[PDB]
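Snapshot of saquinavir at protease.
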2 protein chains.
Amino acid sequence: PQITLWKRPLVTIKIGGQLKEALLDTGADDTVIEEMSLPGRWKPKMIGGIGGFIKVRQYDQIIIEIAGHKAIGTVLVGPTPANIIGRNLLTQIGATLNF
Amino acid sequence: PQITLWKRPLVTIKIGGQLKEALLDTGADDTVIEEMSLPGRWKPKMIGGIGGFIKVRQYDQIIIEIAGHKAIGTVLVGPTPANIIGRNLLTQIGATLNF
Ligand SMILES: CC(C)(C)NC(=O)[C@@H]1C[C@@H]2CCCC[C@@H]2CN1C[C@@H](O)[C@H](Cc1ccccc1)NC(=O)[C@H](CC(N)=O)NC(=O)c1ccc2ccccc2n1
Ligand SMILES: [Cl-]
Ligand SMILES: [Cl-]
Ligand code: NA
């Protein structure tokens, strides 16, 4: 698809068998999701944004569908105000910015 | 142009007579620039993101040049860790996300 920016670029994602809403975000290096359960071991990460830093759980090689496109990669879980799809997974679905 | 997402999508902007670097950011509602002087009146605002809220000054009807394309809109000025071009100005240059 071709997505304009007059409204927030919200899409449906599927993770752990569950549907959720998430933001397509060219300004984010990483993908970060609100609290949920994921399989396997996790590693620590500190991430920074506009108001300061938060601590999150890093899960590698997680299966995730984004607007009907399949990806497998790194997902961060923690106290984010919103679900965000960053450049690590935008590149797996072949997304570009055009003007 | 077509911009890929392997690296941060950084471009040159002209604002207030000054040349700066800024991030093309589909996940931001607003345009936010590091401390600088701008002409005309302003009012205070609180804006949020990943680590909480920051206090900014809101300037309306500011002209800006973004990678060679002229636009006008609201610009917020304050202690942001990075300069960001948000959706209020990306719409004006015709930017879209494609996959
Ligand atoms: C997500 C993470 C990997 C941590 N990356 C980032 O946070 C980087 C950090 C960079 C350096 C600091 C300056 C911002 C840039 C760009 N950001 C991405 C960037 O796209 C970021 C993503 C985001 C969206 C929603 C909620 C939180 C965070 N947006 C923002 O920071 C913008 C700023 C603004 N216009 O007010 N926030 C919002 O547009 C926004 C929308 C709804 C909200 C609801 C509740 C609380 C906060 C909310 N913030
Ligand atoms: Cl920890
Ligand atoms: Cl505006
Ligand atoms: Na003004």
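Convention: sequence-line order gives letters A, B, ...; per-chain numbering from 1. Method reported for this entry: X-ray crystallography, 1.1 Å. As the structure lists them, so they are numbered: ligands from 1, and atoms in each ligand from 1.
- In the structure shown, the parts corresponding to saquinavir are ligand 1.
- Other chains, heavy atom under 4.0 Å from saquinavir: A, B.
- Site of saquinavir with heavy atoms closer than 4.0 Å: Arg8(A), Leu23(A), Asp25(A), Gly27(A), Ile47(A), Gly48(A), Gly49(A), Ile50(A), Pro81(A), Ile84(A), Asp25(B), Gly27(B), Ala28(B), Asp29(B), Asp30(B), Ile47(B), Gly48(B), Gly49(B), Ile50(B), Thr80(B), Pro81(B), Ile84(B).
- Taking only nitrogen or oxygen atoms, main chain and side chain alike, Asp29(B) reaches within less than 3.5 Å of saquinavir.
- Nearest non-hydrogen protein atom to atom 15 (C) of saquinavir is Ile84(B) CG2, 4.0 Å.
- If you check which protein heavy atom lies closest to atom 46 (C) of saquinavir, you get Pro81(A) CB, 3.6 Å.
- Remark: saquinavir and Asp30(A) share no N or O pair separated by less than 3.5 Å (distance only, no angle test).
- Looking only at heavy atoms of the protein, atom 11 (C) of saquinavir is closest to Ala82(B) CB, 4.0 Å.
- Counting protein heavy atoms under 4.0 angstrom from atom 28 (C) of saquinavir gives one or more.
- Distances from atom 44 (C) of saquinavir to the protein include no heavy-atom value under 4.0 Å.
- Of all atoms in saquinavir, listed by their number and element, those nearer than 4.0 Å to a heavy atom of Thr80(B) are 13 (C).
- Of the protein's non-hydrogen atoms, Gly27(B) O, 3.7 Å is the one closest to atom 24 (C) of saquinavir.
- For saquinavir, the polar-atom distance check against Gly48(B) finds a nitrogen or oxygen pair separated by under 3.5 Å.
- Checking atom 22 (C) of saquinavir against the protein gives a heavy-atom contact under 4.0 Å.
- Close N/O approach between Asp25(B) and saquinavir is found [any backbone or side-chain N/O within under 3.5 Å].
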